[PDB]
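Desipramine complexed to Beta-lactoglobulin, as determined in this entry.
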There are 2 protein chains.
Amino acid sequence: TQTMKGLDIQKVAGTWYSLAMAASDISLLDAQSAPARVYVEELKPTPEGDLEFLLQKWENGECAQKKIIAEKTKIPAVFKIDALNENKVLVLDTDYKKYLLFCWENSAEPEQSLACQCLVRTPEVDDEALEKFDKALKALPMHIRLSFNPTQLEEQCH
Amino acid sequence: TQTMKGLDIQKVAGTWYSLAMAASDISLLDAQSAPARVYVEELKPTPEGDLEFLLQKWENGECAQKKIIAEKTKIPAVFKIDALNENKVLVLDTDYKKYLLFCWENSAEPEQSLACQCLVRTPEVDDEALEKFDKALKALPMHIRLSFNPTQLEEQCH
Ligand SMILES: CNCCCN1c2ccccc2CCc2ccccc21
Ligand SMILES: CNCCCN1c2ccccc2CCc2ccccc21
Ligand SMILES: [Cl-]
Ligand SMILES: [Cl-]
Ligand SMILES: [Cl-]
Ligand SMILES: [Cl-]
Ligand SMILES: [Cl-]
Ligand SMILES: [Cl-]
């Protein structure tokens, strides 16, 4: 995965929408309750230089809010979630004002599990951001892709 | 939808595999039991010039075989399934020996519902056929895409 050079994490703060998503395995995104079917509501960079995600996930028949802390690492644009550092967030690219591309990656199995998203600042379709997402995906072993309409962007859990 | 010119339906006979699929609506393909999650096993052109699909679909916790008859119409490469002719099969392109691209289309609602597949003759990934599928999708309002690995191509219901 080619990660963003010169990321300024403080500039990604505030509201985002999940416009599109893709994963290595159909099972990660197939169902509305699938393990990687999460929607980014907000990014909150911390004083420590960590990244807080506010997520919505469909769980047990409702839209559940979760705050996930991705801690800074010695590799820029790469953040660790778990104590083993096997669950990471990889920031691929952003222009801070319109779009952000990132992946969750799990390195616990011999086969990499990956789910990547195209985030936008406003609940609208941006073809530019979707083309940058598709280009970033070309080198990745993706088997499922989803994209949402503006109606879905403003709905709880899309 | 741009349909194939000069289709020779008799040459599509025999074994096929669903390598990739895409749909207008996430709900059509999201789940393993989703309404358009069907796998093409065989095409059987009839003496009348109709097209018989042998399909596998995951239904009520098992892999169910269905024979679906798509009848010829006065428009070449377009076949009708139902008495209202609202459910059609549209053949977009084939080289008969390697790949076939087609869509199911439902015209009963004001918004078109579409699901399109990339079929291959052998249970292997063909990047050429996937690029021809992606190019055929560019003009279509697709919001979900799935692709399968060779293991999945040889498995009942993938
Ligand atoms: C099997 N575990 C999947 C974890 C998926 N994950 C995702 C997925 C996409 C984008 C970000 C994240 C951040 C970590 C996280 C937190 C809570 C649920 C899922 C996820
Ligand atoms: C809501 N109805 C969906 C019908 C989907 N359909 C598909 C889907 C993809 C490719 C071919 C077809 C042929 C018709 C058919 C027959 C049986 C189940 C689904 C489908
Ligand atoms: Cl979102
Ligand atoms: Cl580190
Ligand atoms: Cl895909
Ligand atoms: Cl198949
Ligand atoms: Cl007709
Ligand atoms: Cl998509």
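Below, chain A is the first sequence line, B the second, and so on; all start at residue 1. For ligands, and for the atoms within them, numbers begin at 1 and follow the listed sequence. Excluded from the calculations below are hydrogen atoms, water molecules and symmetry mates; all remaining heavy atoms, backbone and side chain alike, are included. The deposited model was determined using X-ray crystallography, 1.5 Å.
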Exercise for review: Tell me where in the structure to find desipramine, all copies included.
Suggested key: ligands 1 and 2
Review point. From which other chains does some heavy atom lie less than 4.0 Å from desipramine (ligand 2)?
Key: B
Exercise for review: Please list the residues near desipramine (ligand 2), using 4.0 Å as the heavy-atom limit.
Suggested key: B:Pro35, B:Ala36, B:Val38, B:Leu55, B:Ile68, B:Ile81, B:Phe102, B:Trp104, B:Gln117
Exercise for review: Give the residue, atom name and distance (to 0.1 Å) of the protein heavy atom nearest atom 18 (C) of desipramine (ligand 2).
Suggested key: B:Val38 CG1, 3.8 Å
Point to revise | For atom 10 (C) of desipramine (ligand 2), closest protein heavy-atom neighbour | key: B:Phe102 CE1, 3.6 Å
Point to revise | Identity and separation of the nearest protein heavy atom to atom 15 (C) of desipramine (ligand 2) | key: B:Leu55 CD1, 4.2 Å
Review point. Going by the order shown, which atoms of desipramine (ligand 2) are within less than 4.0 Å of some heavy atom of B:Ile81?
Key: 14 (C)
Practice item. Provide the organism that the deposit lists for chain B. Key: Bos taurus
Point to revise | Minimum-distance protein heavy atom relative to atom 4 (C) of desipramine (ligand 2) | key: B:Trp104 CE2, 3.5 Å
